[PDB]
Asker: 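Amine oxidase [flavin-containing] B, bound to safinamide - let me ask you about this one.
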Amino acid sequence: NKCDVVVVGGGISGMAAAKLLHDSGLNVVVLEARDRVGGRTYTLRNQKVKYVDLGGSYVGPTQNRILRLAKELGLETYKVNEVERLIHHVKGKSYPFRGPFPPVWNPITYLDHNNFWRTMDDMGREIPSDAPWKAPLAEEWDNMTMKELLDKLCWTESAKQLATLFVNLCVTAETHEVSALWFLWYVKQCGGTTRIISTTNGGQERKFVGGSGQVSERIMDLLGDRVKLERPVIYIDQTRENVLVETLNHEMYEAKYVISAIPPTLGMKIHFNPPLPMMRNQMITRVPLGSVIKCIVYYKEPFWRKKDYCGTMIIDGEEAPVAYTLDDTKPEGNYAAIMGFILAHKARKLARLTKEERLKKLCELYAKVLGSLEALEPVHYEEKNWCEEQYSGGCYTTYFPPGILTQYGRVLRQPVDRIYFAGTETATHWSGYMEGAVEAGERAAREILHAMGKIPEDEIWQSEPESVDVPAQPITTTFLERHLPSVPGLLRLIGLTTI
Amino acid sequence: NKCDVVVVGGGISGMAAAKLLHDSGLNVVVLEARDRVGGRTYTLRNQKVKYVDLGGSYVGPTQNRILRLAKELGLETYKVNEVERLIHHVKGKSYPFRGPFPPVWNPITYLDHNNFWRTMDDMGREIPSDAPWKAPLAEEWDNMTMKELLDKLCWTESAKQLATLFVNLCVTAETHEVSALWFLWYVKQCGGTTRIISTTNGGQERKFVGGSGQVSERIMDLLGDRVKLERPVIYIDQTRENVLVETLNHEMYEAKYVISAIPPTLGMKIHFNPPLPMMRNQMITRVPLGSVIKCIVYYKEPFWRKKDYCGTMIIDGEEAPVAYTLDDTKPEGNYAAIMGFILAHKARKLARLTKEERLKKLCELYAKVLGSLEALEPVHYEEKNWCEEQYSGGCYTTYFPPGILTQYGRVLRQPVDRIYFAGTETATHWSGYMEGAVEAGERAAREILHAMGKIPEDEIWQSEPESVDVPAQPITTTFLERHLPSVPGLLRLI
Ligand SMILES: Cc1cc2nc3c(=O)[nH]c(=O)nc-3n(C[C@H](O)[C@H](O)[C@H](O)COP(=O)(O)OP(=O)(O)OC[C@H]3O[C@@H](n4cnc5c(N)ncnc54)[C@H](O)[C@@H]3O)c2cc1C
Ligand SMILES: Cc1cc2nc3c(=O)[nH]c(=O)nc-3n(C[C@H](O)[C@H](O)[C@H](O)COP(=O)(O)OP(=O)(O)OC[C@H]3O[C@@H](n4cnc5c(N)ncnc54)[C@H](O)[C@@H]3O)c2cc1C
Ligand SMILES: C[C@H](/N=C/c1ccc(OCc2cccc(F)c2)cc1)C(N)=O
Ligand SMILES: C[C@H](/N=C/c1ccc(OCc2cccc(F)c2)cc1)C(N)=O
C-alpha cells in the first residue's frame, strides 16, 4: 500500500528508474500489467531455440547506458555476424556487397543516393535533440510527411525506393504516415544515418548472451516482492496529500510521487483525477506505435556463410514479405537462424495468414534471395506480431504524424503535479531503443530525487562514460561524398555553363 | 447488475440506441462517465443567457433522423438569422454579400474558386458513403494530406486561403493533419459542398428551441433509473456466457450484448478481456479528435442587423482568433449574441490566455469586421474549450491522418464478439453530427435485435422519411459553373 514512489510499468525504463530509486534508499513499488517484466523486450526459452529475443535485441557503440546497466547485472554481449558479404535484392536480383551501404554505379543514380543520405544528416544538424520543435524550419518540416520530402529530394526511383525501405525499417511506419520533422529528429538523435543503419560500428553490432529480457528479469530479482505482476493501473488520484494509484485487481497504492514508464498513448488506459491538462489530454490520442512482426527461421547449419553471405539481406519490392534480415545464429555457431522483419502495411496485410503460411512465404523469399534450395528446409520457426499487444500498442516505438510534434511535443516529459514521465519515447539519445529506456528511467528518477531535495538541479541529466567493451569508431565521410553535387545541382551547373 | 444490453456512453448516439431497445421491450442500462448526459452536446442555463448550446447545436434539411427524434421528444426548431448580408473579411477589409459563397471578381480567381468547389464534389462522387476505402483511387488519395491536395488544385492564393478556412471549419483540424480521402468522404457524406456550408438550405439552417442538450435529457427522463451517471467503464470481459462490464466506482454489470457509443479513441480507456483483435487494438490509437473553443459574446441588441448584416462573418488570416461566426440571438429577438469558433492550432495557441483576454480579442475583431464600436460593449460571455475534456477528447469529431482510413477504416463498426459500435463516427450520412449520432445508435441497436432473431437482416439499416417541418430544396448548379475551365484548363486551351 504505502511507499515513496510508484513506478507504472516494468519494462527496461521502469525497472531502471526503480533500481536507481531503490539504490538511493527509497521505498519503491513497480506495478506491471503483464504476468512478466520486460515489456517490448521478451526472451523466449525452449529446447529448440535455447533462447530467442522476440522483441528488442540489438545494442551497439554509443549506447553506453544500456551497456553499463547490463554489465552491472552480470550480462555479456556478442557480435552479430557480418564477416561475409551483405546482399541488396532489387528488381528480383541479388547484388552482394561489403560496407554499410549498397554500392551504386550509375553516375546520376550515385549522385542522387549520395545526396539523399547527406541531406538527411544536413537537415538533422538543425534539429536540437532535446527540443526538435525549436528547429528553425520546424513548422515547415512538421507539416510535411516523409513521402512528400522523398518526392522532392529523390530524382531517381532507385534512391526513393531505398529511402522508403529505410523509413519503413527505422520506424515501422509508411512514409506517408509520419512527420518529416519527427523522422529527421529520430535519425539525428541516434547519431545520424551511418550509425543507425550499420551493423559493424552501428546500432545492430551486438546482442546480449542469453537475451535482453535478462535486463528486466535481473532487476526484478534485485527488487524482490516490490515488483507486482498482473497489476494494470486504471486510476491515478492526485487530489489529496499522497498520490493514490489503483489497479484493475482492486488494489490501492499510496505514494509521494509516480513515474509513468509506459508508451505515451497507453496513458489513455488510466482514468485521471483531476483530469489531465488539455495539451497532454489530446497528445496521448495523437501518438500511435508502429507495426511489425519479428520472425525467426531456424536451419540445421548457417548455410549462407558457405556462399560468402553473412545473412544480411536488404530486400526491396512490394511482393517481398520481409524487407530486412540479419544472421541470428548463436555465438557458438549453433541454432543457425535468420531474423527478419515484416514491416508497416505488410504486418497488417500478412497477419491474416496462418503461422505456417508466413513460414512458407519467408522460406521461399530467402531461397530466392540467397539462391539456395537449403532455405526451403527450416527446422523450426518463432514469430511475434507486436500489433496485437494491449499493453504495448505496437513496436518498435511511437511515431508522430504530420503536425503533432510542433503542437504537442513539448509536453511529452513535462511533469503533471507529482507524476513524472519515463519510457524510451521521452529520451534524447537513442529514443525508441533500449538505450533510450535507460536514459529516460534514470532521468525521471533523478527528477524525483531533486523534488525531494536529495540532489541538485544539475544532477538531473547525467553524462555516461564510454563503454570499454564496445568502443565507438567515429563517423567519417570522404571528400567526394561531402562535395559532389545533387542531381538538380548538376543540372544547374549544366544550365550555367550552357548560357 | 443484470440486463439485456449495456450501452456505454450517454450522448445522443447511446441514448438513441437505448431508447430503441427499451421501446422494443428489452432491459437496458446506460453507463455514463460524466455527471450529466449529452456528451459533445451541452446546454448551459443561467439568467444572463436563458439557455446556450456550448457543444453541438445546428440542424438542417436532410438531417431527418435527429429532426424526427427531437420532434417525438416534444422539441421545436427555429431558423438561424440569415435575413441580411453575410460578410467575407479578407486582407483587413469587409465585403458584404448574399448567397452561400462569397463572390469573386478577378476572372482568373473566379475560375480557380469555381474549380475548387466543383472538384471537391467531383472527387466525392467516386467515394462510397458506406465504404470510402473502396474508392477507385482510395490509396492515392489516402496517402496525401489535404494540404498537398490544395497545393495541387489551387492556382491562386485567394482560393487556397478560403479552401484552408473551409477545411479548418469543417473538421477543426489543419489541412496538413488530415487525409485527403477522409476529408473528401466527410464532405460527400453530408451531401456535398453547398449543403455543408449553407445556412439557408444547409447544415446550419436551424437550432433547437431550448438547446440540443434536451434530446439526451428527455431520453434520460424516459429511461428513469436505467441511466447511471458517474459510471466510467474501465473493463469489459467477454470470456464467459454473459458479458461483464466494470465501472470505476466498482460496480459490475452483466449483459447479453454491449453497445460502445463513445468516440473510437476513447475505447483506449477500457481494458479488454480477451484483448481486442490486432486491427482494432491499433486503430483506436490512430484516430484523434479535432480542437475547438466555442465562444458566445452577448450584446444589448443585435446591432449588426441595423447595418444590413446578418451576423455571419467569414474571416481569413492568421491574426484573427475566430474564422467563422453566426448570429446566436434568440428567436424572440432578445439575448442578442454572436457565436464564433476558435479553430485547430488557434484553439491550442489561445488556450494559454485568460477568459477575459479571449473576450477582449473577440470583441476587437468583431468591431473591425462589423465596422461597429458597439461590438466593444459586451454584456456577457460564455465559452467552452473542448480540448480539455477527458471523456470527449476534442470536438466536433474524429479525423483520420494520412494512411489510416484505407488501412483501418473497415473495422470502425465491425462487431467484436458481443460488442457492437455506435457513435457518430460510425454513421454513413452526416457522420460527425448529431444526425450521424442518431443513425449510428439506432443501427447498432438493430444489429443486436437481428442477433437476437427479433428482426430480419434487411431491417438493420432503415431509411428515414423527409421532415415535413424542414423540407430540403435540391442542390443546383448553373451551366457556367459546370462547364467553365480550371486555370490549367484555360492554359491548355491557350
Ligand atoms: C520486435 C521489436 C524490435 C525492436 N528491436 C530493438 C532493438 O533491436 N534494439 C533496441 O534497443 N530496441 C529495440 N526495440 C524497441 C525496444 O524494445 C523499446 O524501445 C524498449 O523496450 C522500451 O522500453 P520502455 O520501458 O520505455 O517501454 P515498454 O518495454 O513498453 O514497458 C512498458 C511496460 O509497462 C506496462 N504497462 C502498460 N500499461 C500499463 C498499465 N496501465 N499499468 C501497469 N503497467 C502497464 C507494459 O506491460 C510494459 O511492461 C524493438 C522492439 C520490438 C518489439
Ligand atoms: C463545439 C461543438 C460544435 C459542434 N457543433 C455541431 C452542430 O452544430 N451540429 C451537429 O449536428 N453537431 C455538432 N457537433 C458534433 C456533435 O456534438 C457530435 O457529433 C455528437 O454530439 C456526437 O454524439 P455521440 O453520442 O456519437 O458521441 P458523445 O456526445 O461524445 O457521447 C459519448 C458519451 O460517452 C461518454 N463516455 C466516454 N467514455 C466513457 C467511458 N469510458 N465509460 C462510460 N461513458 C463514457 C461521454 O461522457 C459521452 O457522454 C459539435 C460539437 C461541439 C463540441
Ligand atoms: C530493430 C531496430 N533497428 C533499426 C534499423 C534501422 C535502420 C536499418 O538500416 C539498415 C539499412 C542498411 C542499408 C541501407 C538501408 F537503407 C538500410 C536497420 C535497422 C533497432 N535496432 O532497434
Ligand atoms: C459546427 C459544424 N459546422 C460546420 C461547418 C462547416 C462548413 C461551414 O462553411 C461555411 C463557409 C461558408 C462560405 C465559404 C466557406 F469556405 C465556408 C460552416 C460550418 C456543424 N454544423 O456541426
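Heads up: chain A is whatever sequence line comes first, chain B the next one, etc. Numbering, chain A: per the PDB entry, residues 3-501 in sequence. Numbering, chain B: per the PDB entry, residues 3-496 in sequence. First listed ligand is number 1; within each ligand, the first listed atom is number 1. The header says X-ray crystallography, 1.6 Å.
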Asker: Curious which chain letters or ligand numbers map to safinamide here.
Answerer: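 The relevant parts are ligands 3 and 4.
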Asker: Name the other chains in heavy-atom contact with safinamide (ligand 3) below 4.0 Å.
Answerer: A
Asker: Name the residues that contact safinamide (ligand 3) at heavy-atom distances below 4.0 Å.
Answerer: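 Within 4.0 Å on heavy atoms: A:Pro102, A:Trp119, A:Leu164, A:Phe168, A:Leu171, A:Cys172, A:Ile198, A:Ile199, A:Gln206, A:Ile316, A:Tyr326, A:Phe343, A:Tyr398, A:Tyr435.
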Asker: Provide, to 0.1 Å, the distance between atom 11 (C) of safinamide (ligand 3) and the closest protein heavy atom, together with that atom's residue and name.
Answerer: A:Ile199 CB, 3.8 Å
Asker: Which safinamide (ligand 3) atoms are under 4.0 Å away from a heavy-atom of A:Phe168?
Answerer: 16 (F)
Asker: With atoms numbered from 1 as shown, which atoms in safinamide (ligand 3) lie under 4.0 angstrom from a non-hydrogen atom of A:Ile316?
Answerer: 12 (C), 13 (C)
Asker: Starting from atom 18 (C) of safinamide (ligand 3), what is the nearest protein heavy atom, named by residue and atom, and what distance separates them?
Answerer: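 Minimum-distance protein heavy atom for atom 18 (C) of safinamide (ligand 3) reads A:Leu171 CD2, 3.5 Å.
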Asker: What source organism does the PDB entry list for chain A?
Answerer: Homo sapiens
Asker: What is the nearest protein non-hydrogen atom to atom 22 (O) of safinamide (ligand 3), stated with its residue, atom name and distance?
Answerer: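 It is A:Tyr435 CE2, 3.3 Å.
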Asker: Using a strict 4.0 Å cut-off to heavy atoms of A:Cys172, name the atoms of safinamide (ligand 3) that fall inside it.
Answerer: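 Once the distances to A:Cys172 are compared, the set is 6 (C), 7 (C).
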Asker: Against heavy atoms of A:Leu164, which atoms of safinamide (ligand 3) measure under 4.0 Å?
Answerer: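 The list of qualifying atoms is 16 (F).
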Asker: Checking a contact table here: which protein heavy atom is nearest atom 21 (N) of safinamide (ligand 3), and how many Å away?
Answerer: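 Closest protein heavy atom to atom 21 (N) of safinamide (ligand 3): A:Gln206 OE1, 2.8 Å.
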